[PDB]
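Lab note: ALK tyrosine kinase receptor, PF-06463922 bound.
In what follows, residues are counted from 1 in the order of the sequence shown. All ligand and atom numbering here is 1-based and tracks the order in the structure.
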Amino acid sequence: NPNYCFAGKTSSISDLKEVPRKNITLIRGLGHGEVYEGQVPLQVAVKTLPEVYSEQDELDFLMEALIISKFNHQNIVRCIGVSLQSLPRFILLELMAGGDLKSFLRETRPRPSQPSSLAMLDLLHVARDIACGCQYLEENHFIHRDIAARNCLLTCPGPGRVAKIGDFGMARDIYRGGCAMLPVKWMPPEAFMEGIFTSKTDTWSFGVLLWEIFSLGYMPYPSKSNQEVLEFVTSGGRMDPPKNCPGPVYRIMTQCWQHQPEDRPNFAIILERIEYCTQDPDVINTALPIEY
Ligand SMILES: C[C@H]1Oc2cc(cnc2N)-c2c(nn(C)c2C#N)CN(C)C(=O)c2ccc(F)cc21
């Protein structure tokens, strides 16, 4: 069975915490593989491997469990354990009741009915949370490869929410696919041209995540196809600021999108800049757009 090394330790499937299947109860679907809300009473999200999947899918599923299980950080979803000795195979994750970040942003947009549903500080706190997760990954020499709103989760809908990175499927595939499935809209030039990935890959992607956050859940590069983005970005093209986006926040995005990786900030610097934004009244007092 496949092994996995993180920090200074190597791990195997035997190291995963097996939870007896009889202790696990599915409660409801959460938005499907398929994902359920479950109980172990400990509340969990249950990631399932469809029995109709192949052997490579099995190994990938397993590797993802190993990956998440070896992290220890507040802004990365916890793995409660697995149930691998019964079918279908389960991975048990920390239940994040706020759901994925993209859906949250789109559904929580300030409206005439909910004008104060979200403010700039809430968005900055989400960004800080994920940047803190990214900093942990960077300092432990782990490259995520698909930092994007769809891959982040929230502990809860309301004000005390904490954002975490919740999916590691792309780092898993590369660890051991199609062109039209590559997240090119989140990738820097050296990644989609040369297949070169470093921590500065994730910096670029984080810039795109920031745009997603401050646009309140829009698809990056509106109206552009993947190939059009590839050509646009290679030629020096960059997204405009999201509506009402404060200059200091947009500045972090454009720094994340520097053409040369050496010119992009590491996550320690990104965190410092996000923190300064949270201190600036002119940033956090900026009203978000209210769609009618
Ligand atoms: C593997 C899965 O994990 C969780 C999903 C949810 C909560 N907690 C965890 N751990 C969740 C979702 N929506 N809702 C309403 C809930 C709830 N409650 C999102 N979802 C359906 C996903 O598949 C998904 C999306 C992105 C990501 F990073 C991980 C996951």
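Annotation: atom 1 (C) of PF-06463922 (ligand 1) to nearest protein heavy atom, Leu93 CD1, 3.9 Å. Ranking the protein heavy atoms by distance from atom 2 (C) of PF-06463922 (ligand 1) puts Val35 CG1, 4.1 Å first. Some N or O of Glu94 is nearer than 3.5 Å to an N or O of PF-06463922 (ligand 1), by distance alone.
Within the listing of PF-06463922 (ligand 1), atoms 28 (F) sit less than 4.0 angstrom from a heavy atom of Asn151. The protein heavy atom nearest to atom 26 (C) of PF-06463922 (ligand 1) is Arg150 O, 3.2 Å. Scanning all protein heavy atoms for the shortest distance to atom 15 (C) of PF-06463922 (ligand 1) gives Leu30 O, 3.5 Å.
Counting only heavy atoms of the protein, atom 21 (C) of PF-06463922 (ligand 1) lies nearest to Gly31 O, 3.3 Å. In this structure, chain A contacts PF-06463922 (ligand 1) chiefly via UniProt domain Protein kinase. In this structure, atom 28 (F) of PF-06463922 (ligand 1) lies nearest to the protein heavy atom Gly166 C, 3.0 Å. Atoms of PF-06463922 (ligand 1) found under 4.0 Å from any heavy atom of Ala45 (numbered from 1 in listed order, with element): 4 (C), 8 (N), 9 (C), 10 (N).
Protein heavy atom at the shortest distance from atom 8 (N) of PF-06463922 (ligand 1) is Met96 N, 2.9 Å. Of all protein heavy atoms, the one lying nearest to atom 5 (C) of PF-06463922 (ligand 1) is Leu153 CD2, 3.8 Å. PF-06463922 (ligand 1) places these atoms under 4.0 Å from at least one heavy atom of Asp167: 28 (F). Heavy-atom contacts of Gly99 reach the following atoms of PF-06463922 (ligand 1): 11 (C), 12 (C), 13 (N), 14 (N), 16 (C) (cutoff under 4.0 Å). For chain A, the entry records the source organism Homo sapiens.
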